[PDB]
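Below is acetylcholine-binding protein, neuronal acetylcholine receptor subunit alpha-7 with lobeline bound.
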Amino acid sequence: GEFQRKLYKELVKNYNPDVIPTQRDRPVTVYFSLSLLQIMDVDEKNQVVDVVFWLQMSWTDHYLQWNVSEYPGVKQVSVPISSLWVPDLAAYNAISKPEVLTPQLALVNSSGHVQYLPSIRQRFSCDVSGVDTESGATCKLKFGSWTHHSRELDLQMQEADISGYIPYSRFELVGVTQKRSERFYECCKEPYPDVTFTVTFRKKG
Amino acid sequence: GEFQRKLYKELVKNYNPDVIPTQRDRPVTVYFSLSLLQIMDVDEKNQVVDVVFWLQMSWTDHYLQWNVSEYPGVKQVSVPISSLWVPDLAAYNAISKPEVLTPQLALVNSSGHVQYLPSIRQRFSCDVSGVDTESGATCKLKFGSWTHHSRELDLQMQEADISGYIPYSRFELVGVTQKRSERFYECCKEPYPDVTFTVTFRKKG
Amino acid sequence: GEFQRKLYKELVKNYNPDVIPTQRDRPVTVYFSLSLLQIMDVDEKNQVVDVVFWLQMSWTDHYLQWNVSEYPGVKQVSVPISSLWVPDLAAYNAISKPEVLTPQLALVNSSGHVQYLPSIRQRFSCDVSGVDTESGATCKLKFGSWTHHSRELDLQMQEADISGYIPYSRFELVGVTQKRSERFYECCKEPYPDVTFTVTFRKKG
Amino acid sequence: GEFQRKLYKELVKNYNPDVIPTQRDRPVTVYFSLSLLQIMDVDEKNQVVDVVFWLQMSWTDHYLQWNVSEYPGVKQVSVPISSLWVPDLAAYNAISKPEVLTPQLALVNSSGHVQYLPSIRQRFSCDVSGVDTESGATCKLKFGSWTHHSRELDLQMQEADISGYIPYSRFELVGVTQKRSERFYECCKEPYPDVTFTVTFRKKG
Amino acid sequence: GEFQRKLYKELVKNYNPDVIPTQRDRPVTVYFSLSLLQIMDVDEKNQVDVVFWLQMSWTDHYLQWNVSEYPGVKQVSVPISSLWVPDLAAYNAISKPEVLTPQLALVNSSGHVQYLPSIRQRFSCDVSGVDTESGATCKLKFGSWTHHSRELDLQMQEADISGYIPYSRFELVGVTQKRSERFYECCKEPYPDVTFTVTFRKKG
Ligand SMILES: *[C@@H]1O[C@H](CO)[C@@H](O[C@@H]2O[C@H](CO)[C@@H](O[C@@H]3O[C@H](CO)[C@@H](O)[C@H](O[C@H]4O[C@H](CO)[C@@H](O)[C@H](O)[C@@H]4O)[C@@H]3O)[C@H](O)[C@H]2NC(C)=O)[C@H](O)[C@H]1NC(C)=O
Ligand SMILES: *[C@@H]1O[C@H](CO)[C@@H](O[C@@H]2O[C@H](CO)[C@@H](O)[C@H](O)[C@H]2NC(C)=O)[C@H](O)[C@H]1NC(C)=O
Ligand SMILES: *[C@@H]1O[C@H](CO)[C@@H](O[C@@H]2O[C@H](CO)[C@@H](O)[C@H](O)[C@H]2NC(C)=O)[C@H](O)[C@H]1NC(C)=O
Ligand SMILES: *[C@@H]1O[C@H](CO)[C@@H](O[C@@H]2O[C@H](CO)[C@@H](O)[C@H](O)[C@H]2NC(C)=O)[C@H](O)[C@H]1NC(C)=O
Ligand SMILES: *[C@@H]1O[C@H](CO)[C@@H](O[C@@H]2O[C@H](CO)[C@@H](O)[C@H](O)[C@H]2NC(C)=O)[C@H](O)[C@H]1NC(C)=O
Ligand SMILES: CN1[C@@H](CC(=O)c2ccccc2)CCC[C@H]1C[C@H](O)c1ccccc1
Ligand SMILES: CN1[C@@H](CC(=O)c2ccccc2)CCC[C@H]1C[C@H](O)c1ccccc1
Ligand SMILES: CN1[C@@H](CC(=O)c2ccccc2)CCC[C@H]1C[C@H](O)c1ccccc1
Ligand SMILES: CN1[C@@H](CC(=O)c2ccccc2)CCC[C@H]1C[C@H](O)c1ccccc1
Ligand SMILES: CN1[C@@H](CC(=O)c2ccccc2)CCC[C@H]1C[C@H](O)c1ccccc1
């Protein structure tokens with residue numbers, strides 16, 4: 001429709017995707033979830049794990065809301081992420097650039113709530129020593145904002161999800177636990193929240 | 001291509017390729033089919049298939065129609081996909097980005113019917129255990145829109161053909177099946193359709 | 001440079017690189033040749049041949065012509081292919097993207113004749129069964145417009161060249177034949193021409 | 001506050017990111033530091049070392065400061081590095097392109113002080129012969145500006161950090177030492193500074 | 001600096017990087033040299049890998065300024081996007097060049113440009129004699145892909161083997177350089193190429 005086209009036009013007007021959408025007194029709450037899909041490979045020589053996982057990120061961008069009466073049918077839109085602000089979450093212990101497997105698009109409803117849900121393949125540093133033992137190996141996948149502290153970006157975990165782990169992998173996914181931490185570095189005065197997903201796994205047999 | 005040069009300007013005038021071209025608010029019906037060309041490799045350790053395949057996607061974009069009496073010779077135009085809306089179809093169980101082998105061009109006729117026919121190479125998660133057996137290994141290649149539900153994008157399948165499959169391959173096709181489904185996700189209130197290409201194959205011998 | 005600079009401004013003005021420069025009842029004739037330089041590898045398990053070759057494409061684009069008197073001294077210009085229309089030739093049986101090795105520039109003279117001469121590495125589907133037999137293996141490299149039928153794009157062979165084939169190669173180049181075909185598809189009224197290069201080769205024993 | 005939005009647009013206004021922000025014929029002082037995270041691999045045949053490290057770069061950009069009373073709650077911004085000048089530091093003995101593992105953003109505070117802190121994977125030419133010996137192997141990681149001399153870009157080093165080295169690597173990090181050098185080249189009229197990080201390491205066992 | 005900022009603005013004004021800055025209707029003279037830093041690998045089966053420092057320099061008359069008008073500014077560092085660069089091709093490369101260094105050129109007030117990319121690239125070569133005492137000899141052939149010798153005058157400077165790493169498994173026996181001029185039965189004018197010949201053998 002032309003309404004959806006006017007709306008797309010207006011969402012981008014006077015909008016800078018480099019500007020985190022805070023409102024004074026308020027940090028941007030970003031809800032964050034990682035679903036492990038497949039353990040692609042263990043490098044026992046170089047201490048590396050290769051994983052495929054589904055990230056779920058959502059937050060409210062209040063510069064992106066619209067009155068639905070002015071845009072009758074339009075209740076959500078699908079938008080390329082280059083055109084809006086997205087959390088600068090970094091994989092603290094990645095040793096490779098992420099390979100995004102899915103279309104780089106976000107959903108946005110009329111309250112300005114954004115949902116961005118990439119599927120990603122990425123290699124991480126990990127001690128994979130015990131992978132062929134009963135206890136298994138344990139990898140920490142650690143994520144957090146690279147440039148935004150707690151009072152700018154409040155990173156929130158959502159519940160752990162192993163439901164997506166492929167059942168025919170040569171690795172048995174023993175468990176996944178998660179932890180949110182606020183670290184002080186002393187670059188900065190402010191703490192930076194990070195979310196850590198702890199994956200325990202072992203060779204089947 | 002004098003009339004052709006005039007047409008190309010009018011088509012891109014006030015056109016936003018981020019916007020799914022609904023009307024009513026009809027879903028855009030998208031016709032989808034996969035023709036399998038070559039099974040490039042099986043990874044029995046990591047459970048992956050490497051395949052080369054030919055997609056056929058077609059849909060009607062109503063903003064892309066013209067009066068043919070106003071452009072005498074012009075029945076059809078060849079257009080970069082970067083300038084028009086294309087379905088955001090994702091391979092749900094891919095573990096690599098799709099590698100597009102063919103020119104990224106679509107054919108558009110005067111009533112707005114678009115055809116995009118890329119040949120593609122891509123790796124998928126798959127249990128390839130029984131590839132040495134006589135019942136062979138079965139891989140599900142699942143495709144669907146990433147951000148559009150049923151009432152926005154009506155994904156319909158067109159019939160499979162295996163005649164494109166290369167005959168001098170080390171794998172033989174034992175079975176092929178396409179099938180459309182409509183599932184709910186924890187996600188959304190609207191169902192999302194998908195098309196699943198199920199292929200069964202084995203080592204020759 | 002004085003008139004060259006002004007001429008470059010004019011060639012891109014009112015010019016659309018997406019529009020095939022046909023005229024009513026006049027296809028764009030595209031002269032096309034392949035010169036094999038080296039056979040990098042043969043994959044007998046996966047049925048792939050890895051080749052380096054030089055393509056030579058030439059055609060006339062009447063929108064690219066100019067009056068030499070108006071630009072004295074300027075008889076040809078070197079132009080990035082991104083800025084002019086180029087033939088959308090695809091490698092039909094390629095299983096990888098082409099790796100263009102040379103600068104992506106085309107030479108254009110004042111009557112609009114374009115020459116584009118890329119050196120390319122690409123991998124193709126092929127039955128290399130006979131590579132160690134020295135009746136040899138035979139690969140067919142197949143090329144054609146992906147979106148223009150023969151009354152839009154008139155694909156013409158020119159005599160192939162093997163003088164450039166590497167003499168110290170692991171593989172002995174037995175011979176190369178070329179063939180222009182015109183094939184119909186159940187889809188379209190108009191046939192689509194292709195050029196196929198048949199290369200026969202064998203390991204040096 | 002929409003003061004962040006106001007500030008960003010002022011920062012990029014009348015600003016060129018290709019221009020090093022010198023004042024008064026005074027050089028831009030760039031403070032530089034390297035923290036070694038992991039030695040991914042040693043290639044003893046081709047004499048290559050593969051490493052992941054964290055660079056710290058900071059400097060003052062006088063064009064990028066703002067009076068904080070004019071933009072109330074804004075004390076620092078997060079900014080894509082393509083919108084501001086950043087040091088063109090190169091690894092002089094790298095044998096691969098640097099792979100940047102983190103978001104390409106820089107922090108900037110109101111007095112124009114910038115912090116850019118990429119984590120990076122890169123391979124370096126290095127004599128890795130002694131890696132099995134007790135004295136280990138020694139690799140110079142040599143960095144400097146590619147195009148700015150001492151009087152434009154005053155490269156200074158802060159102290160390196162081995163506290164980030166992963167404890168479960170197959171290589172023990174014996175030590176990292178750093179040294180700042182400055183030399184004339186016969187090529188150019190002005191001298192160039194460089195910072196070299198000398199890494200000693202051996203195989204556990 | 002504010003002088004630099006407004007100088008940059010002026011250099012790119014009306015400037016088209018696609019246009020070889022021929023003046024006059026003589027060539028742009030392009031000075032060209034190669035410094036071998038490391039032989040990374042040989043593929044004796046497929047007959048093929050090196051890391052080298054290219055040096056290129058030429059005058060772009062469009063890029064001159066008067067230093068009186070820009071007091072401090074004697075040279076600037078610009079992205080090579082923003083200016084014309086030689087379309088030099090590696091005639092026998094079998095891979096795309098991986099450019100290791102920042103893509104920046106130096107330009108001085110006379111419009112003299114220096115572009116010194118460090119590059120890793122694979123080349124076709126008969127490496128079969130590599131273990132032998134006579135070694136393997138490889139040719140690295142470079143030249144303009146679209147400009148003939150009266151648009152682009154390719155000239156070679158002396159080669160630098162001082163940068164070759166001493167701890168390589170290959171010993172660098174010798175390097176020579178030659179400028180040639182070839183006519184192709186197609187194109188009126190000749191096209192000049194500079195070819196660096198590299199002889200090297202396995203140590204031990
Ligand atoms: C766009 O998507 C977002 C994400 O789904 C969506 O936002 C959510 O909206 C609901 C309802 O407006 C929010 O729920 C509210 O939160 C507060 C405190 O957190 C509660 O107090 C509210 O609660 C209720 O209890 C009342 C009793 O006094 C009842 O009368 C009332 O009915 C409520 O049951 C309320 O639940 C929710 O917090 C947000 N979530 C986020 C992450 O913001 C938004 O509505 C969508 N936009 C549109 C236009 O649909
Ligand atoms: C543009 O292409 C479409 C698809 O090939 C043509 O449409 C079909 O037309 C037949 C009869 O006209 C219908 O029975 C089908 O249901 C149509 N299919 C779809 C998907 O719409 C259409 O005729 C072409 N337009 C022109 C002007 O030739
Ligand atoms: C532009 O280039 C074309 C192609 O090289 C020139 O045309 C050829 O002209 C020769 C004689 O000059 C003929 O023998 C060939 O058969 C032509 N080839 C083709 C493909 O047409 C053309 O003359 C050039 N124009 C100018 C003004 O120099
Ligand atoms: C911007 O950041 C810089 C660097 O963090 C701040 O400066 C340092 O402050 C300490 C404490 O007074 C000094 O000892 C250092 O010498 C400063 N470093 C530099 C490079 O100047 C600076 O204060 C910040 N600006 C504002 C407005 O907060
Ligand atoms: C710009 O650079 C060129 C080359 O680096 C300078 O030119 C040269 O002048 C010296 C002595 O005057 C000669 O030995 C060189 O052979 C010259 N080289 C060339 C290419 O002409 C030139 O002077 C520089 N411009 C300024 C303003 O310093
Ligand atoms: C970037 N840094 C915080 C800011 C900060 O610490 C910092 C900033 C500037 C200078 C010095 C330190 C933000 C959150 C990430 C953290 C980075 C971590 O050290 C790190 C670096 C490299 C690999 C793994 C982890
Ligand atoms: C992408 N997602 C739906 C959209 C959506 O989930 C969603 C939308 C908005 C918010 C939260 C979730 C569209 C239909 C597919 C489904 C994805 C499937 O679970 C999936 C996830 C990861 C790998 C493979 C498959
Ligand atoms: C793309 N196709 C023709 C058009 C067409 O078929 C077509 C048109 C419209 C609708 C459906 C199909 C144009 C000429 C090329 C041909 C390609 C060949 O099929 C093919 C497909 C996959 C691998 C190798 C070859
Ligand atoms: C690039 N070079 C200087 C420029 C310059 O030398 C030069 C300039 C002009 C002409 C000839 C040489 C600038 C500062 C860095 C220095 C680097 C080193 O040379 C080098 C080159 C190649 C590989 C490793 C190291
Ligand atoms: C491309 N060719 C000249 C042009 C030309 O020959 C040519 C032009 C037009 C028509 C026919 C041939 C320009 C200068 C470079 C030269 C290169 C060499 O051919 C070549 C081709 C492929 C791989 C290696 C080398």
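Labels below follow one simple rule: chain letters A, B, ... track the order of the sequence lines, proteins then strands, and each chain is numbered from 1. According to its header, the structure was obtained by X-ray crystallography, 2.4 Å. Start at 1 and go down the list; that is how both ligands and their atoms are numbered. What you see below is based on every heavy atom in this structure, not just the backbone, and it leaves out hydrogens, waters and symmetry mates.
Counting repeats, the structure shows lobeline at ligands 6, 7, 8, 9 and 10. With heavy atoms closer than 4.0 Å, the chains neighbouring lobeline (ligand 6) read A, D.
The heavy-atom binding site of lobeline (ligand 6) at 4.0 Å consists of A/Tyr92, A/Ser145, A/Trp146, A/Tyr185, A/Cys187, A/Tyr192, D/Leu37, D/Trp54, D/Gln56, D/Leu117. Atom 7 (C) of lobeline (ligand 6) has its closest protein heavy atom at A/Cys187 CB, 3.2 Å. Given atom 11 (C) of lobeline (ligand 6), the protein heavy atom at minimum distance is D/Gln56 OE1, 3.3 Å. From the protein, the heavy atom lying nearest to atom 23 (C) of lobeline (ligand 6) is D/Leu37 CD1, 3.5 Å. Distance from atom 22 (C) of lobeline (ligand 6) to its nearest protein heavy atom, with residue and atom name: D/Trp54 CG, 3.5 Å. Looking only at protein heavy atoms, the nearest one to atom 17 (C) of lobeline (ligand 6) is A/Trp146 CH2, 3.5 Å. Put simply, atom 4 (C) of lobeline (ligand 6) has no protein non-hydrogen atoms near it, under 4.0 Å away.
Below 4.0 Å from some heavy atom of A/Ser145 lie the following atoms of lobeline (ligand 6), by number and element: 14 (C).
Closest to atom 14 (C) of lobeline (ligand 6), if we only count protein heavy atoms, is A/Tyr92 OH, 3.1 Å.
Distance check on atom 19 (O) of lobeline (ligand 6): some protein heavy atom falls below the 4.0 Å cut-off.
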